[PDB]
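Right, one structure below, let's go through it.
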Amino acid sequence: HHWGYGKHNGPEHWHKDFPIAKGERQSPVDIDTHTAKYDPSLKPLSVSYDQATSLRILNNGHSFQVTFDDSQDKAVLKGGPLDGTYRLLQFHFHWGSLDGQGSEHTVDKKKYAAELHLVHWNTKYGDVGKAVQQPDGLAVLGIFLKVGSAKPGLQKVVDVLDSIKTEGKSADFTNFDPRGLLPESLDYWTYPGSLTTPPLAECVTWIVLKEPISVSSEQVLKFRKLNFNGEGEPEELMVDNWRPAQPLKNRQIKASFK
Ligand SMILES: O=C(CCCCCCC(=O)Nc1ccccc1)NO
Ligand SMILES: [Zn+2]
């Protein structure tokens, strides 16, 4: 039926409704650190998040997401491999049922406990619906989470998850500063790819940060208490909402660092 992450509707089934699932620039991929090419032409990333305005947090039945006001150039991503200004729209996570799985991208086959996606769209296309139809429409910053010490900047998110336990629930979520989610270093890998959920459009410049952030076991445990189901339905824990690595095909992964 409708897509999801289960045995009968999971990633291996998506191609029947979304044939681009077997396309030429699908995501995620395994990053082979010894075959990635250092590209000295790549610029440092410019992340300008000081004026970000968060609006709401919502359980969309596949993940939870925090949405931002993107009606002006308030929180923007520029530089790196990008040409032009990309506005922050939302962030969300992918995570596992166990600490040794949950990320979408992998690094030399290593899986992390979760992966944070900060989604931005290219302002030259005017709105995000137009941007997803363009090969350079979106830029997604991917950040790995490892289990270790707690991340204090994540705690405001963890503490509101009880309010959005089931599909379709939303809550006001103002004055959240996404700078608290970034690692110290902005070194990155980049490659052209796709959304990792339907409709799997091939519109994404991926920027995957090398340095993971550390979150505590108690913080990630709280993600695993969310539900895929809506209020009143059989309880199905929201875990393992990650797509497996896809073939690299004719693409090169570039590194900003040696
Ligand atoms: O695929 C990803 C990362 C990119 C997610 C892109 C979602 C875009 C969004 O929130 N709004 C939108 C979706 C479809 C069409 C237009 C806007 N993770 O699974
Ligand atoms: Zn994602």
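Residues displayed in chain A correspond, in order, to the PDB entry positions 3-125, 127-261. Remember, it's 1-based here, ligands and their atoms both numbered in the order they're listed. Scope of the values below: all heavy atoms of this structure, side chains included, with no hydrogens, waters or symmetry mates.
Of the candidates dyphylline, vorinostat, veliparib, the one located at ligand 1 is vorinostat. The macromolecule with the greatest number of heavy-atom pairs within 4.5 Å of vorinostat is, in UniProt, named Carbonic anhydrase 2. The closest protein non-hydrogen atom to atom 6 (C) of vorinostat is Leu198 CD2, 3.6 Å. Under a heavy-atom cut-off of 4.0 Å from vorinostat, the UniProt Zn(2+)-binding residues of chain A that qualify: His94, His96, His119. Most of what chain A uses to contact vorinostat comes from UniProt domain Alpha-carbonic anhydrase.
Distance remark: protein heavy atom not present below 4.0 angstrom from atom 13 (C) of vorinostat. Every atom of vorinostat is numbered from 1 in the order shown, and the set under 4.0 Å from a heavy atom of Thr200 is 1 (O), 19 (O). Of all atoms in vorinostat, listed by their number and element, those nearer than 4.0 Å to a heavy atom of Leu91 are 9 (C), 10 (O), 11 (N). Apart from vorinostat, the ligands and ions with atoms under 4.0 Å away are ligand 2 (zinc ion). Result for chain A and vorinostat: the nearest UniProt active-site residue and heavy-atom distance (1 Å) are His64, 6 Å.
For a threshold of 3.5 Å applied to N or O pairs, the pair formed by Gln92 and vorinostat contains at least one separation below that value. Summary of contacts: the protein heavy atom closest to atom 5 (C) of vorinostat is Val121 CG2, 3.9 Å.
Remark: vorinostat and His96 share an N or O pair separated by less than 3.5 Å (distance only, no angle test).
Looking only at heavy atoms of the protein, atom 1 (O) of vorinostat is closest to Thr199 N, 2.6 Å. At a heavy-atom distance under 4.0 Å, only side-chain atoms of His94, from C-beta outward, approach vorinostat. Proximity by heavy atom, under 4.0 Å to vorinostat, holds for these of the UniProt substrate-binding residues in chain A: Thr199, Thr200. Residue contact check for vorinostat: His64 places no non-hydrogen atom closer than 4.0 Å to it.
For vorinostat, the polar-atom distance check finds no N/O of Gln67 at less than 3.5 Å from any of the ligand's N/O atoms. With non-hydrogen distances under 4.0 Å, the site around vorinostat consists of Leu91, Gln92, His94, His96, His119, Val121, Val131, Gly132, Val135, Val143, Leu198, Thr199, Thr200.
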